[PDB]
Peer 1: 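Below: experimental structure, nevirapine bound to Reverse transcriptase/ribonuclease H.
Note on naming: letters A, B, ... go to the chains in the order of the sequence lines (proteins, then strands), and numbering restarts at 1 for each one. When reading the values below, keep in mind they use all heavy atoms of this one structure, side chains included, and skip hydrogens, waters and symmetry mates. Per the header: X-ray crystallography, 2.2 Å. Both ligands and their constituent atoms are indexed starting at 1 by order of listing.
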Amino acid sequence: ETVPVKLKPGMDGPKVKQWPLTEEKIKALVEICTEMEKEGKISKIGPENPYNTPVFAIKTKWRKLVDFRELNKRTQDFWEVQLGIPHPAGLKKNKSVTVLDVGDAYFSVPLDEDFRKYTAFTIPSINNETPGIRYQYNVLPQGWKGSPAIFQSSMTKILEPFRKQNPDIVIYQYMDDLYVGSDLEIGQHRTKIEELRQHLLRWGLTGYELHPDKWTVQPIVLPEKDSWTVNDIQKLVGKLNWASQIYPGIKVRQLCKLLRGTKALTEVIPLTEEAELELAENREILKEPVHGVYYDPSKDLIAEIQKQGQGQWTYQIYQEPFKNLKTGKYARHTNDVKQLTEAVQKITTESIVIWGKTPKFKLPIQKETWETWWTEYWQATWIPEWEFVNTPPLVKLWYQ
Amino acid sequence: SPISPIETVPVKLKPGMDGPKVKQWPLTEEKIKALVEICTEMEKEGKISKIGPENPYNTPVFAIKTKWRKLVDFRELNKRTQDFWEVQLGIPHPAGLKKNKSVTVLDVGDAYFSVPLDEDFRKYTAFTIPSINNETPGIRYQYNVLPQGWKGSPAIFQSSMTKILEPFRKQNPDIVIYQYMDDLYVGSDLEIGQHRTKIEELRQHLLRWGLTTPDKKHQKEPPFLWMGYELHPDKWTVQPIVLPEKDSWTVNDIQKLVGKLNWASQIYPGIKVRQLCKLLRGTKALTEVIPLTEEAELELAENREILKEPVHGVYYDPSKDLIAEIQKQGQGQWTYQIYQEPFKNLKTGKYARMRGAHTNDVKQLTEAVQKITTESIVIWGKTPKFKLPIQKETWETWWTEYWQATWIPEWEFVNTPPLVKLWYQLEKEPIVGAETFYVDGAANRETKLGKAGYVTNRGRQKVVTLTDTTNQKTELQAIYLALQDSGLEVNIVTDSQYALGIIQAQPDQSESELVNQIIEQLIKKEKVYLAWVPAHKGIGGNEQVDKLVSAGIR
Ligand SMILES: Cc1ccnc2c1NC(=O)c1cccnc1N2C1CC1
Ligand SMILES: O=c1c(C2CCCC2)c(O)c2cccnc2n1O
Ligand SMILES: [Mn+2]
Ligand SMILES: [Mn+2]
């Protein structure tokens, strides 16, 4: 039997254009899809199906990545407020969290007949020489948020013995992945993961290691300097001025008294000591979490990323601007685009671990550059939503 | 003419909609007679069939002119028919095709009429030939085949051909077939003997599936005219482009000129369009005569010289790398060529786009590279190796220091002037022994009046009144003032992040004349340090300009 799936009232399926693919990725997709077709997982379709979802190939074994972002938006009522999967608050506290790909489970469960048409995708040809090869899914597809929603009861049955035997191990499912957290010593944790893999193996389904307890704040750093120039203090008060917009109780009044009258920038001026009460107690609030800022589950998460140079990247996650839920950094034969894709993936998994959802990214890159290159370095089975923005000039050095 | 024995494609109406019921308009006797003759012949061919008055659906028919033809107005049925998958997401570019020994065109006789329509959808295609005046009930027909002008016909015909060609393709994998509407293009590297024999195997395979094709004496000879191209199995070019020599140029004539030149730029190197396009901005009616600007005349003359001799492109060899070279033609204008063997171009092209109000040549070059990179993946399924008129050092410096991420595929420097460079740079550190200017602007949004000025560490001062201005313009004006009156080395402090952002990106060209005036001053300078401070925080010099420029404004 199949569980009936319906779209959000008043809207129909995705009609997203297939992006241009390289020669090697088309050939890889053709091999993958020919094999899936033989196994009955997908079937060729006719032109009476007007729907499309983009498809990509990622990595030594080639794998298919279907971009269901649009279908997921149009089925949100189903996987969120009909068959929603709860997110545990304990996962982010764990000493170790292991990510296991569990997507192979989904092809054993048939997809609802009347929904199969919305899963339509195309393998394009080079230079539009031949019509695209068109398919739809017969089974729960990887990348669709409805899949873990439907498989939910089957996964519970699979994990039951392991969860009973290991009550202090947190297991969380998000899309194609299983997130497994414990406070055990690393050797014991890895032994328990292997144990879990054996349970999964008996059901067919078949890692990546995180340490969330060591995720600490990225504080705005004020410079310790001996001998300040006029330019140095101007840069300092500007950093503090913006810092006060996010942190409740940052003062800068004493520092500004040093800059009175029209002075040359290279003029070295000695500091008083009335400013040290500000300077030192500013560092106190800067190292601590923001008071009054909490995650609202009814609001989207937004992630901003700044390129800092030297292979370093700063990022902030918020829902209302200035109200940072999390800040951090990413550090590195690595190019700008490769580093950015890696950072996006890193920020996304942290976001999955902490809140149980992905942020919408504001990327400091040209749209077309990102679109041609991102799959070359992408390794995750999900895809976050993204915007393309112009990094404001001073946000960079303020988070430096 | 046969009807293909292939499986039918199931068709539906749009959800919540029923079939069309638009009534038949009375026709003249001669039109009715003409329709009756056409419809009885179509009925004998199996294309249409008689139906009774139990069918509630109707689509109007019309007769148009020695011979007559029948027009079925499917507007109402099309509106009610489901959406289909698109017939194609793009067309092949000739540059991406591989060289063949022989290529033959085969057209399908009466394309749509040779493929059956879904039996359960046939009732919705009903039409009525009206009787003379009102009197008699009309003659009612429905379609058995894909109707001309119906929404689903293009896609269902293509899908049918794909299924028909599939067996033949699989057992003849080294023969290339391209489907285009009712045409088939068939190429191979077989000897002239077994190529003509191979076409006959295809023709018999197609005839087996109810599709008739022309024989050796009827099929066209190369070059084939297709989609504005002229195609040999050995080379390709654009179709004959003739620039008219006119005394007076109308908007319509210039629009058509630009269209032709744009089309030509695919294979004719160095084609320019900028000056001709400038003539078409905010332009009047199509019949309006536009006097040719002197720059437009020179551009036209350069284009005529380029198009003087015929030029062809070569085809693609998948065993060799693609090489893309780019040259700067002038401000905003870029041109490129793609080849595999030095200077035998597969195709050419141009880039001009202005991404953002203010830019430099380094940014434009990268934008050009990304445009060509995308084009290359579409056409050849791979990226080319680039040869660019920019030093590795210049490129290195820019990318590292800029806020935006980028990646250019493998590229080499090539000494083809003009070389890409930055025309100035901002200091990392404040200058010792240089005058420090504090700048600010203020604008009144009611009156659009404003002031721009500066105060300096050396007690210098100036304010200039402006009349139709904005906040942003006054901040730029203030910075421009500071540059004008400063001398070779300057420290400038602004509270405008907008102004800071523009200048830090080292622009060499802008849509604003004011920014261009700033750029001109920045190049003349020896050393410039531009710093930012927050507005209204009691910062010495900054507070002094603010009071100065806000006086009488806010
Ligand atoms: C119109 C068209 C578009 C796409 N491909 C082709 C053609 N026609 C050609 O004449 C042609 C030229 C050379 C090689 N391939 C060609 N063919 C390929 C099919 C044999
Ligand atoms: O006077 C202002 C004000 C004032 C007008 C309203 C109060 C502050 C600004 O906000 C401001 C913001 C960016 C750059 N320059 C600015 N200036 O010059
Ligand atoms: Mn200002
Ligand atoms: Mn001001």
Peer 1: Do you know where to find nevirapine in this model, all copies counted?
Peer 2: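 In this structure, ligand 1.
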Peer 1: What other chains contribute a heavy atom less than 4.0 Å from an atom of nevirapine?
Peer 2: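 Heavy atoms from other chains: B.
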Peer 1: Closest non-hydrogen protein atom to atom 18 (C) of nevirapine, residue and atom name please, with distance?
Peer 2: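 So the nearest neighbour among protein heavy atoms is B:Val176 CG2, 4.3 Å.
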Peer 1: Which residue owns the protein heavy atom closest to atom 6 (C) of nevirapine, what's the atom, and how far is it?
Peer 2: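 Here the closest protein heavy atom is B:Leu97 CD1, 3.8 Å.
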Peer 1: When you measure from atom 12 (C) of nevirapine to each heavy atom in B:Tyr316, B:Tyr185, B:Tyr315, which option holds the nearest one?
Peer 2: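 Residue with the shortest heavy-atom distance to the ligand atom: B:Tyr315.
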Peer 1: Checking a contact table here: which protein heavy atom is nearest atom 9 (C) of nevirapine, and how many Å away?
Peer 2: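 The protein heavy atom lying closest is B:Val103 CG2, 3.9 Å.
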Peer 1: Considering only heavy atoms of B:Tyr178, which atoms of nevirapine have at least one such atom less than 4.0 Å away?
Peer 2: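 Counting from 1, the qualifying ligand atoms are 3 (C), 4 (C), 5 (N), 19 (C).
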Peer 1: Against heavy atoms of B:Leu231, which atoms of nevirapine measure under 4.0 Å?
Peer 2: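 Going through nevirapine atom by atom, the ones under 4.0 Å from B:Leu231 are 1 (C), 10 (O).
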Peer 1: Mind pulling out the residues near nevirapine? I'm using a 4.0 Å cut-off on non-hydrogen atoms.
Peer 2: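 At that heavy-atom cut-off, the site is B:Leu97, B:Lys98, B:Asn100, B:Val103, B:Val176, B:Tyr178, B:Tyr185, B:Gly187, B:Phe224, B:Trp226, B:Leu231, B:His232, B:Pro233, B:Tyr315.
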